[PDB]
Visitor: 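The structure follows.
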Amino acid sequence: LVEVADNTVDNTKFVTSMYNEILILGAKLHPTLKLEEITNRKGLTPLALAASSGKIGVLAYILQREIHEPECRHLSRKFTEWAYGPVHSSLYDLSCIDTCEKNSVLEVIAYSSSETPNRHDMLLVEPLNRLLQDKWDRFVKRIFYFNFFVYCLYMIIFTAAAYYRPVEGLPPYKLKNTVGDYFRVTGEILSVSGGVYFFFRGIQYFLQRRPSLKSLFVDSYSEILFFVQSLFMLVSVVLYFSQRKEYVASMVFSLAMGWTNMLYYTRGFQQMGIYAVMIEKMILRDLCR
Amino acid sequence: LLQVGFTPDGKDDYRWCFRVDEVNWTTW
Amino acid sequence: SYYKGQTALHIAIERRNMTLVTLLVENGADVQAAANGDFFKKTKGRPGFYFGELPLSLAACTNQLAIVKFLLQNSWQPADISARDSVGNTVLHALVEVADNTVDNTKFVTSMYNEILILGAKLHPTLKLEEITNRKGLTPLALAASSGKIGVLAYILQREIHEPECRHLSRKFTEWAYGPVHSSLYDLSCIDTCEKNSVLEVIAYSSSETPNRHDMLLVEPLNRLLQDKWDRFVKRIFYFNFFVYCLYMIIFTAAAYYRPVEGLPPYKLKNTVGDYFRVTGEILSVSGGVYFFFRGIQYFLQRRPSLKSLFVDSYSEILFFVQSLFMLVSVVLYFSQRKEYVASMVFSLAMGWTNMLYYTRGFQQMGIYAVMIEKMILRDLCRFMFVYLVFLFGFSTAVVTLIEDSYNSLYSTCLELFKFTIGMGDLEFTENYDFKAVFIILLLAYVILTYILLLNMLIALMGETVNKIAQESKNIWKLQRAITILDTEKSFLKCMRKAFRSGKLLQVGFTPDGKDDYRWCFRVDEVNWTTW
Amino acid sequence: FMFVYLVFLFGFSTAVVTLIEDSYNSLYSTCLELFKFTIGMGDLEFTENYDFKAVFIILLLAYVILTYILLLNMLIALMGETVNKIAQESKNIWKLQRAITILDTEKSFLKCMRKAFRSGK
Ligand SMILES: C=C(C)[C@]12C[C@@H](C)[C@@]34O[C@](Cc5ccccc5)(O[C@@H]1[C@@H]3C=C(COC(=O)Cc1ccc(O)c(OC)c1)C[C@]1(O)C(=O)C(C)=C[C@@H]41)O2
Ligand SMILES: C=C(C)[C@]12C[C@@H](C)[C@@]34O[C@](Cc5ccccc5)(O[C@@H]1[C@@H]3C=C(COC(=O)Cc1ccc(O)c(OC)c1)C[C@]1(O)C(=O)C(C)=C[C@@H]41)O2
């Protein structure tokens, strides 16, 4: 019933109605068993299937499914606490919406391939929008701002240690006995440590997701760019340990990438996001072809 | 994490919840 | 707190229970008591619905005309139409803010407002309920005008009641209708120069958050009154203001052009006609500076605008204050015996000349250019500079680090790459810098990324802005004219006193108390023959 | 749009020439150099050692951003709207011009109208 849906008002209404009827009848026949917990070969429930395949009608039905019938209450997903007037307090189940299993509605909508048609409008469904806003206001916001602040500091140190690179002799360079030399070597170490961190982050992301080659750039632009910056710094340090003057040619690439990559954090504001999105599409659709 | 209903099997069910509110007065 | 004072009467009223609400009062329940709580208060932080604290206010705001009528005429304890809650908003206030600016809701709220007004007048002809203000000290008319409730404002301004017993209630009086023409008389009792708040003075000084302010001035009496004011005395005062500022700019330019270049400031007044003219010009310039300084300070004290809306709604005032500031600093440094007065003086002068776009607000066709330049500098350019500077600084640190062994200093790299952004660069690739291929790759990437991608991105965004704020030119112009008229009227008290804002001061009806009422009026006419 | 542009040009050029009265020697040459700045044919040399160099740089960078980028593209968008408006309805635009041409040609020569036999019959 989930995949037979075609995302039209008539078909969605019909499929949801008959889904309700079959669910009620099965519950009447077999109250002991619950049919919504059984997964297919891919190991995802009908709720997860509807969320993943873009079936916005079925997902909207299941998420806020309210059954008023007294004998059928455990079936209801959303409970209406009270309604004094225009306000109507409601309680949503959230039983398998966040941190539920290897698959969940949020974790599946977020990690779509961009082929899904309704992913942009899928997050508009009441419980998901409210839950995401609550998460953002609760603890995610300050962690994001701390992440942005630390990367801003890392870019400042990377820029300063790149600006004052010694110009006399061939690499490596003996650690001169001075405060300035100590600061320069500390800055180099901080830069390379950031490089290793970003390298492992990128590798583990690519192992987890394992994106298809065609959709490697449509949906992982920023991850590709952070991996490329880390790669260039890694090659630079390798060539600096290999006693060649050609570490700077890779280092400038790494640094300009590093600075233009703070457009990744413009994703956190409502007004400033589009500039970071335009630059992406305009470089992949138009310019490339 | 509250229990808001009773299962047909007679055992109380405890489930997570997330209270929300909305405004719609055009329907009276 | 949450339920403070809340009783089953409130639920029955909100549940549209005809009898239960009746039974509560029949038993002896008193409605004069009110329920106040965080849920009832008008707070956006938490869910709530403000219908007023008075139970009569609750019943009225809940669309129950029969029940409120019964309560008002209830024998046991009639509800007090004049009751005011802790906030101050009486029933009329509550009806005003409960409006949501929709055809159905506006029609309903206006209709029930009329019914309650007529009923109260019947009960208490002696008292008039529309003159009582809330804690903020503004009437329901002023509340509707301020909060953007265009439906309620349009209702109250042109409220015509044909009923013979209810005539003093009517705001607009129709003198006669020979045909398509229908002479009308509007009250104007509290529309201009009424109190510390008035409909015009409140619409003009909105925060731009109000949705209908541009379309609020379209209401008949206000548009007619503003046009009459503009045609009567405001127009020549505006043109005299523009002429005097044009002369002040000419003198400021001439005395700035012929500044002495020998020695350090101050300069001894040479015995000549030219020197006398130069010192006279300097004095005229500084006097203009003091005038603009005090004008700006008094404006900022009167309005006291919020920091966020300091630039959205006071662009021109900020610019005039900044010009005055630069001249003041220039004169201070000229009295401090430093040659650095000219550096501030040129800023002051270019500001002065480009500020005559303020007076382009007075023409219909020329206004938009002064409006575009504003939005395009505050919305687009400001936030696009963040996007551009990460690019410029990243690529310039990159470039200067590459060839540290035109592009010598970080400043010169910044300048050369800015000219690359705006199409005035030259890709010479002549001098033999180290790592030439990497240098070429960097700057070609930079040109394609900024000159082609980013610059045209900005150009398309600004074109969208221009397209957006060029279609609706009339609305853009009319509000600027309204603010100009209000400020000109307020500048000179005798100007308003002898302007005779109202068309006439006539008595057109008799009050229920039997004493003739004399009120201001402003005759208007209109044409509509499709209705026969 | 020339009214809007000339306040900018004259204010900024009086400003520039007053600053460095101690290419940019005469007010005429300031006007010409800044007009080429408006239409993208200027050069920000910043070479000769004028007094108050930082203020000079700030003035001309402000001028370029304000006129070359903001104002010129404002005008270009406005003219594009004009072209868009009067290019959609080409047939109407043409037919009236043809009508006036026909009327004037007919009126120019009286014998032309006399022997033209305006009416079919
Ligand atoms: C992986 C890819 C596509 C990419 C890596 C480098 C080589 C890149 O050139 C490109 C190809 C290119 C080059 C020049 C013009 C257009 C495209 O585009 C980016 C890439 C293109 C630019 C612009 O990058 C952006 O779009 C900013 C951005 C937008 C949204 C984001 O979420 C984001 O996250 C990091 C970054 C920056 C560079 O990385 C950079 O700083 C320099 C010196 C090279 C640019 O290759
Ligand atoms: C208070 C603000 C915003 C402002 C003051 C000065 C510094 C200003 O640069 C800005 C920032 C700026 C600079 C360069 C390009 C864009 C923006 O914009 C104006 C300000 C921007 C310009 C353009 O001003 C205008 O928009 C004209 C104008 C339009 C509508 C008006 O109602 C108006 O009333 C006075 C003026 C003129 C300057 O004041 C000027 O003449 C010079 C030399 C500096 C310009 O700062």
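Chain A corresponds to the first sequence line; subsequent lines are lettered B, C, and so forth. Numbers in chain A come straight from the PDB entry, and the residues shown are 291-579, in order. Quick note: numbers on chain B are straight from the PDB entry, i.e. 725-752, in order. Note that chain C is numbered according to the PDB entry, with residues 197-601, 626-752 shown in order. Following the PDB entry, chain D shows residues 580-601, 626-724, kept in their order. A fraction of the deposited model is presented, and contact counting is confined to that fraction. Indexing begins at 1, ligand by ligand and atom by atom, following the structure's order.
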Visitor: Tell me the drug found at ligand 1.
Guide: resiniferatoxin
Visitor: State which other chains have a heavy atom under 4.0 Å from an atom of resiniferatoxin (ligand 1).
Guide: A, C
Visitor: What would you say the binding site of resiniferatoxin (ligand 1) is, if we count heavy atoms under 4.0 Å?
Guide: A/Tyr511, A/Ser512, A/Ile514, A/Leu515, A/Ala546, A/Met547, A/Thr550, A/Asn551, A/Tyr554, A/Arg557, A/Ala566, A/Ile569, A/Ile573, C/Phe591, C/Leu669
Visitor: Which residues flagged by UniProt as binding resiniferatoxin in chain A come closer than 4.0 Å to resiniferatoxin (ligand 1) by heavy-atom distance?
Guide: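 By heavy-atom distance, the UniProt-listed hits: A/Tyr511, A/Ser512, A/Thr550, A/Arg557.
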